[PDB]
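This entry carries perampanel.
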Amino acid sequence: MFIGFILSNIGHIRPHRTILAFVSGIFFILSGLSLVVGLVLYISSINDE
Amino acid sequence: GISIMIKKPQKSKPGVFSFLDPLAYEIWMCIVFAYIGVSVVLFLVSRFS
Amino acid sequence: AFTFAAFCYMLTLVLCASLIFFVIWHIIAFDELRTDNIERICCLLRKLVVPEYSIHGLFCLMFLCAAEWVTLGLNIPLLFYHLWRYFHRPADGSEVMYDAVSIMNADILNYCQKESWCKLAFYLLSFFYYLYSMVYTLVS
Ligand SMILES: N#Cc1ccccc1-c1cc(-c2ccccn2)cn(-c2ccccc2)c1=O
């Protein structure tokens, strides 16, 4: 989320290269997929014990 | 005489691939290779004739 | 009894029946070539051959996962023959390759016809090898 945020602000101040916005979208999506694996691991660790 | 004392067995927490367990692993291997089997035979039947 | 290895032999009778039909069509194509024709038997052959590899390439990964090491080993001489005709000698081509732009000049025409009867002789012996070890693994 912090990588995708600082690469979104570069995409707001230098829009001459547009690929800053799409790649920062990828870090915003790889972050949320790492929550889900984390929250499945977190909840399943409780239920096992 | 001499006997064995073990801890009384329990619910036995699941693994990662515990969802596969209603069918034996010999079934799942036959399912995967029948999947490529019917897909090749679909391809043979539809391309030629 | 029925098992996963017995199913790996059932599933390769069905696909070796396709492999012999690739080769009956492959001996007719070069016999009709000599009678007449280049550009069509370029295109008609070129579409056929890549199914013939990967079906046999399926058999390699199927008997590897079935733990059939004699059967995987008997598919090895046809396999490493197949890697040579696609990685080092599919001469230049670049449409698919191999039974492509390179026809007459007639020296590959003799090499293909020796191959075309060598494919059928292996596949007809593979069909009865697969039919035997099917009946073997079922009864035993
Ligand atoms: N419970 C559960 C469950 C939920 C969804 C998919 C599979 C399972 C499951 C099924 C089986 C099983 C086994 C034999 C016959 C039928 N089902 C076993 N397990 C399981 C539970 C605890 C530890 C290991 C496996 C399981 O977790």
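The sequence lines are lettered as chains in the order written, beginning with A. Chain A is numbered as in the PDB entry; the shown residues are, in order, 939-987. Chain B residue numbers are taken from the PDB entry; in order, the displayed residues are 499-547. Here chain C follows the PDB entry, giving residues 2-37, 56-159 in order. Portion of entry displayed, and contacts counted within that portion, nowhere else. In each ligand, atom 1 is the first atom listed, and ligand 1 is the first ligand listed. Reckoned from all heavy atoms, side chains included, excluding hydrogens, waters and symmetry mates.
- Bound to perampanel (ligand 1) with the most contacts here is the chain that UniProt lists as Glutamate receptor 2.
- Every other chain with a heavy atom under 4.0 Å from perampanel (ligand 1) is named here: B.
- Within 4.0 Å of perampanel (ligand 1), judged by non-hydrogen atoms, the site holds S510(B), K511(B), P512(B), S516(B), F517(B), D519(B), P520(B).
- Taking a distance limit of 4.0 Å, we find that atom 7 (C) of perampanel (ligand 1) is approached by some protein heavy atom.
- Of the protein's heavy atoms, none falls inside 4.0 Å of atom 2 (C) of perampanel (ligand 1).
- Atoms of perampanel (ligand 1) found under 4.0 Å from any heavy atom of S510(B) (numbered from 1 in listed order, with element): 22 (C), 23 (C).
- Among all non-hydrogen protein atoms, the one lying nearest atom 15 (C) of perampanel (ligand 1) is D519(B) O, 3.7 Å.
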